[PDB]
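Naming convention: chains lettered A, B, ... in sequence-line order (proteins, then strands); numbering from 1 in each chain. Atom set for the values below is all heavy atoms of this structure, side chains included, hydrogens, waters and symmetry mates excluded. Read the numbers this way: they start at 1 and go in the same order the structure lists the ligands and their atoms.
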Amino acid sequence: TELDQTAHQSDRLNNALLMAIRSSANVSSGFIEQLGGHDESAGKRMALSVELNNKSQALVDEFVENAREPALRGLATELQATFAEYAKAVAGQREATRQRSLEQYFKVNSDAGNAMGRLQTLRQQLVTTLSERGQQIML
Amino acid sequence: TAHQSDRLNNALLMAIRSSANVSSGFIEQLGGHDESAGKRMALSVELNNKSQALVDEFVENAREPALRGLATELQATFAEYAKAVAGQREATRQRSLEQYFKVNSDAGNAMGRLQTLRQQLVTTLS
Ligand SMILES: O=C(O)c1ccccc1O
């Protein structure tokens with residue numbers, strides 16, 4: 001049944017990164033809605049961005065708990081540390097939205113992109129490692 | 001089955017990055033970063049073309065009747081998302097905040113459905 005446990009680890013990964021990117025999509029589009037005077041819609045996107053990054057970090061933390069094989073743990077905790085960096089930058093984008101400052105938005109939008117670029121590469125290496133472990137069981 | 005999951009997961013990650021880039025690009029236009037906004041727009045076009053190609057490969061390789069209806073639903077829902085993101089791009093080229101807001105709800109709801117659709121598709125891929 002360790003076979004179906006590598007699939008749960010892979011789905012936690014894919015869901016975490018998808019929601020992590022959806023959260024940045026919500027703050028940027030919410031920032032635009034705010035500049036158009038759509039305060040209510042912008043507030044809902046801020047809340048959705050909070051909820052998505054919290055859900056993603058919960059999956060990430062569940063991911064590193066169940067990653068016990070050392071061929072997997074080395075990439076797992078770098079994914080957690082990189083994500084905490086990504087989460088703070090998106091949180092910085094949200095406070096710039098509430099403050100209506102393009103200045104603060106550009107200040108941390110480069111941080112979010114850098115951490116997201118490393119998150120996507122870390123997912124690729126982790127997905128390959130999980131797929132390799134699952135295949136190792138069938139042979 | 002491994003190629004289908006890679007197509008599905010990469011298609012969705014690239015589709016959401018295509019949207020995040022046009023919103024980023026729109027914000028750069030508001031700040032006077034016209035050259036940097038053009039680079040976000042081009043990357044959004046490319047991510048959309050690549051994710052559309054993966055969705056097409058996925059649907060063609062999803063023949064087992066347990067997946068045929070779910071694959072077609074993914075295709076149509078993905079079409080709704082891409083159309084909205086294309087509307088985000090055209091609202092950006094016309095520098096219209098109101099046109100951006102109109103299509104933003106269509107993109108958010110479609111991607112919320114794609115998130116649940118992808119989960120159901122990979123459990124049927126087991
Ligand atoms: O994924 C979302 O929730 C979303 C929201 C607004 C715009 C584009 C999007 O993908």
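Drug at ligand 1 (options: salicylic acid, aminocaproic acid, acetohydroxamic acid): salicylic acid. Going by contact count, the macromolecule most engaged with salicylic acid is what UniProt calls Methyl-accepting chemotaxis protein PcaY. Other chains with a heavy atom closer than 4.0 Å to salicylic acid: A, B. Salicylic acid has a nitrogen or oxygen under 3.5 angstrom from a nitrogen or oxygen of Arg22(A). Near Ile16(B), meaning under 4.0 Å from one of its heavy atoms, salicylic acid places the atoms 1 (O), 10 (O).
Interface atoms of salicylic acid facing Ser19(B), defined by a heavy-atom separation under 4.0 Å, are 8 (C). Scanning the protein heavy atoms around atom 4 (C) of salicylic acid, the nearest turns out to be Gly108(B) CA, 3.6 Å.
Given atom 6 (C) of salicylic acid, the protein heavy atom at minimum distance is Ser29(A) OG, 3.6 Å. In chain B, UniProt salicylate-binding residues less than 4.0 Å from salicylic acid by heavy-atom distance: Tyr81(B). For the pair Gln115(B) and salicylic acid, no heavy-atom separation below 4.0 Å is found. Per-residue contacts place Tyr81(B) under 4.0 angstrom from the following atoms of salicylic acid (heavy atoms of the residue considered): 10 (O).
Here is the list of salicylic acid atoms found below 4.0 Å of a heavy atom in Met111(B): 1 (O), 10 (O).
No part of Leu52(A) comes within 4.0 Å of salicylic acid, judged by heavy-atom distances.
In terms of polar-atom proximity, defined here as any N/O pair under 3.5 Å, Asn104(B) makes no such contact with salicylic acid. Here is the list of salicylic acid atoms found below 4.0 Å of a heavy atom in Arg45(A): 5 (C), 6 (C).
The residue-level binding site of salicylic acid (heavy-atom cut-off 4.0 Å) is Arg22(A), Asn26(A), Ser29(A), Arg45(A), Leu48(A), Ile16(B), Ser19(B), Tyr81(B), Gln88(B), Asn104(B), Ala107(B), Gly108(B), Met111(B).
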Could you go through salicylic acid and list every pair where one of its N or O atoms sits under 3.5 Å from a protein N or O, giving the atom names and the distance to one decimal?
unit_1	atom_1	unit_2	atom_2	d
salicylic acid	1 (O)	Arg22(A)	NE	2.8
salicylic acid	3 (O)	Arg22(A)	NE	3.4
salicylic acid	3 (O)	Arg22(A)	NH2	3.1
salicylic acid	3 (O)	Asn26(A)	ND2	3.0
salicylic acid	10 (O)	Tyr81(B)	OH	3.0

